[PDB]
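Caption: neomycin together with Aminoglycoside NucleotidylTransferase, bound form.
Sequence lines set the chain letters: A, B, ... in the order given, protein chains first and strands last, and positions in each chain run from 1. In each ligand, atom 1 is the first atom listed, and ligand 1 is the first ligand listed.
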Amino acid sequence: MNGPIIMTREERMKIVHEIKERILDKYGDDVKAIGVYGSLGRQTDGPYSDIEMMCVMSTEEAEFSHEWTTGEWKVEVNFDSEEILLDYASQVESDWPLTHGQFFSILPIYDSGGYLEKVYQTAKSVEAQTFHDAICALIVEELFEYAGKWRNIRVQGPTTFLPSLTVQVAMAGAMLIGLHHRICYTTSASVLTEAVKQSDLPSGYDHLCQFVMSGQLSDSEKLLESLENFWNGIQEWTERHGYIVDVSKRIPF
Amino acid sequence: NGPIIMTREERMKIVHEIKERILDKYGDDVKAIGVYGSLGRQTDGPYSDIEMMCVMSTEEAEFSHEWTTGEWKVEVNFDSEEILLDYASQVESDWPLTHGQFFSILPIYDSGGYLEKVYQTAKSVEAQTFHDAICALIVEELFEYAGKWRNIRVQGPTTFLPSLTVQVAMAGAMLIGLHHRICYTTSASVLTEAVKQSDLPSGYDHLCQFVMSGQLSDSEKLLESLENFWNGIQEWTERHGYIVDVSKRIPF
Ligand SMILES: NC[C@@H]1O[C@H](O[C@H]2[C@@H](O)[C@H](O[C@@H]3[C@@H](O)[C@H](N)C[C@H](N)[C@H]3O[C@H]3O[C@H](CN)[C@@H](O)[C@H](O)[C@H]3N)O[C@@H]2CO)[C@H](N)[C@@H](O)[C@@H]1O
Ligand SMILES: NC[C@@H]1O[C@H](O[C@H]2[C@@H](O)[C@H](O[C@@H]3[C@@H](O)[C@H](N)C[C@H](N)[C@H]3O[C@H]3O[C@H](CN)[C@@H](O)[C@H](O)[C@H]3N)O[C@@H]2CO)[C@H](N)[C@@H](O)[C@@H]1O
Ligand SMILES: [Mg+2]
């Protein structure tokens, strides 16, 4: 196994078409729709991209996947009932900017009646409060946790974890920016490039991303200073935008 | 301006306050309360957070409370016994990172040996379950990462390569952890502990040195080291019998 190999958009779409025909042969009238997502769904696949497909099933509670390789390429096909998929499309977790681009990159190849459009409409109709709640949770569950981790590094090591942690913090900041602007990143490779192009960023985020994007992550004292500056920027930014809960009680339940 | 420095004694006082609040609020629905993470191992450092797990009698109970006081952070998970036991027996690609929880339980309340049952379930997973998880990890994570860095080589962007190299090093550490059936003690020690294990895929140690040193700016070298690690994976699976099925064009 030395793949993935170089492939063209034909070669991927021919494979997609074979999988579509197999899906219709096996599941028949239980298939409501078949779509391609990811880079191939956006028609921006590169020489080595994988193949990602989504199937909407009429079957109650249907929820399964097939993910395999031929040694030369890799495919993932998800099969979901309409209710299960629409519920997922309306959920906003901390990595929503990374996961839900799927629903804004659908290439419809089979649809028995407006199913893929309903998925898209569901993904785009999330209410403002849902994003607000997700942002407040991200600050506590990810950023505050990371701040404790790098401050532990400062006082007790290990600095060998600091480059990886700095990458994680830059990614969490990108999730924060994506939730705030209600944008999903096109690919994993463009997350940081797209994040630093947005407006109204927390102070210090650009400098942090400069280390991560250049790969100059060996000066631990500079990384710690950059992380602290970003953490200070988070405090001013969340206060300015109202992403604040009462934290005065030791136990808030 | 937090998190602040705290002592283990201070953290345990907070834990016991939370224990009393859980018993006051949820009463006889509480089967057990435990501390996990660094505090559960009694190796918490100056800035560590507080992580607690509760076993509930309510069927389908699955919720959490996660908050900060500005100065420290607490996460409390509440699960029914079956939900927790089911999760404790599942081996996903990040099992070496997630299931250390079940080998770090400090019981602080237990009405019927429940936390011991959780530990026994986590430690009794069969060898085939790890074999399946390793084969899935190669297909679902490592093969995907290989396509991503090969795309970078031909079309960019190299600005993603440091982050991707960190991800690949972590995925390799998961592979090693699944093979040796070990859970890493802390998030910070994953890479240091992984490269000290036996049976490493060739090229993995060298790749990790870039990630641990933070020397991630030489893009040609990272790409060469990623390819060498990917080749090391192909031997490593053959040597240890983790054979991935590549015979079906469409496996359904
Ligand atoms: N399918 C719709 C919904 O998917 C959910 O699961 C989501 C998520 O956990 C799941 O993640 C799955 C894993 O599991 C599996 N072990 C490997 C697989 N590559 C990964 O796939 C996902 O993560 C990759 C990056 N890491 C992405 O590249 C990929 O596009 C994405 N589908 O993919 C789903 C998102 O597409 C739930 N299953 C359910 O709410 C419902 O079925
Ligand atoms: N609790 C037992 C089981 O946990 C599962 O979820 C697991 C996982 O998704 C979940 O992850 C949760 C997130 O969700 C939540 N939004 C933020 C929270 N800090 C994070 O916590 C987890 O990830 C952190 C590192 N990032 C770890 O430091 C932390 O110890 C760990 N509990 O924590 C659970 C493991 O403790 C399922 N909920 C369910 O099968 C059952 O409840
Ligand atoms: Mg946590």
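The parts of the structure that belong to neomycin are ligands 1 and 2. The heavy-atom neighbours of neomycin (ligand 2) at a 4.0 Å cut-off, by chain: A, B. For atom 13 (C) of neomycin (ligand 2), no protein heavy-atom neighbour is present inside the 4.0 Å cut-off.
For atom 9 (O) of neomycin (ligand 2), the nearest protein heavy atom lies 4.0 Å or farther away.
The presence of a protein heavy atom under 4.0 Å from atom 6 (O) of neomycin (ligand 2) is ruled out. Under a heavy-atom cut-off of 4.0 Å from neomycin (ligand 2), the UniProt Mg(2+)-binding residues of chain B that qualify: B/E51. Within 4.0 Å of neomycin (ligand 2), counting heavy atoms, one finds these UniProt neomycin B-binding residues of chain B: B/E51, B/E66.
Lab note: ligands/ions < 4.0 Å from neomycin (ligand 2) = ligand 3 (magnesium ion).
Within 4.0 Å of atom 21 (O) of neomycin (ligand 2), at least one protein heavy atom is present. Taking every heavy atom under 4.0 Å from neomycin (ligand 2), one finds A/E141, A/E145, B/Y36, B/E51, B/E62, B/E66, B/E75, B/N77, B/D79, B/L84, B/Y87, B/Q101.
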May I have a table of the N/O to N/O pairs between neomycin (ligand 2) and the protein that fall below 3.5 Å, each row giving the two atom names and the distance to 0.1 Å?
| unit_1 | atom_1 | unit_2 | atom_2 | d |
| --- | --- | --- | --- | --- |
| neomycin (ligand 2) | 1 (N) | B/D79 | OD2 | 2.7 |
| neomycin (ligand 2) | 16 (N) | A/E141 | OE1 | 2.9 |
| neomycin (ligand 2) | 19 (N) | B/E66 | OE1 | 3.3 |
| neomycin (ligand 2) | 19 (N) | B/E66 | OE2 | 2.9 |
| neomycin (ligand 2) | 19 (N) | B/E75 | OE1 | 3.2 |
| neomycin (ligand 2) | 21 (O) | B/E75 | OE1 | 3.4 |
| neomycin (ligand 2) | 21 (O) | B/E75 | OE2 | 3.2 |
| neomycin (ligand 2) | 28 (O) | B/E51 | OE2 | 3.3 |
| neomycin (ligand 2) | 30 (O) | B/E51 | OE2 | 2.4 |
| neomycin (ligand 2) | 32 (N) | B/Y36 | OH | 3.0 |
| neomycin (ligand 2) | 32 (N) | B/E75 | OE2 | 3.0 |
| neomycin (ligand 2) | 36 (O) | B/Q101 | NE2 | 3.0 |
| neomycin (ligand 2) | 38 (N) | B/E62 | OE2 | 3.0 |
| neomycin (ligand 2) | 42 (O) | B/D79 | OD1 | 2.5 |
| neomycin (ligand 2) | 42 (O) | B/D79 | OD2 | 3.2 |

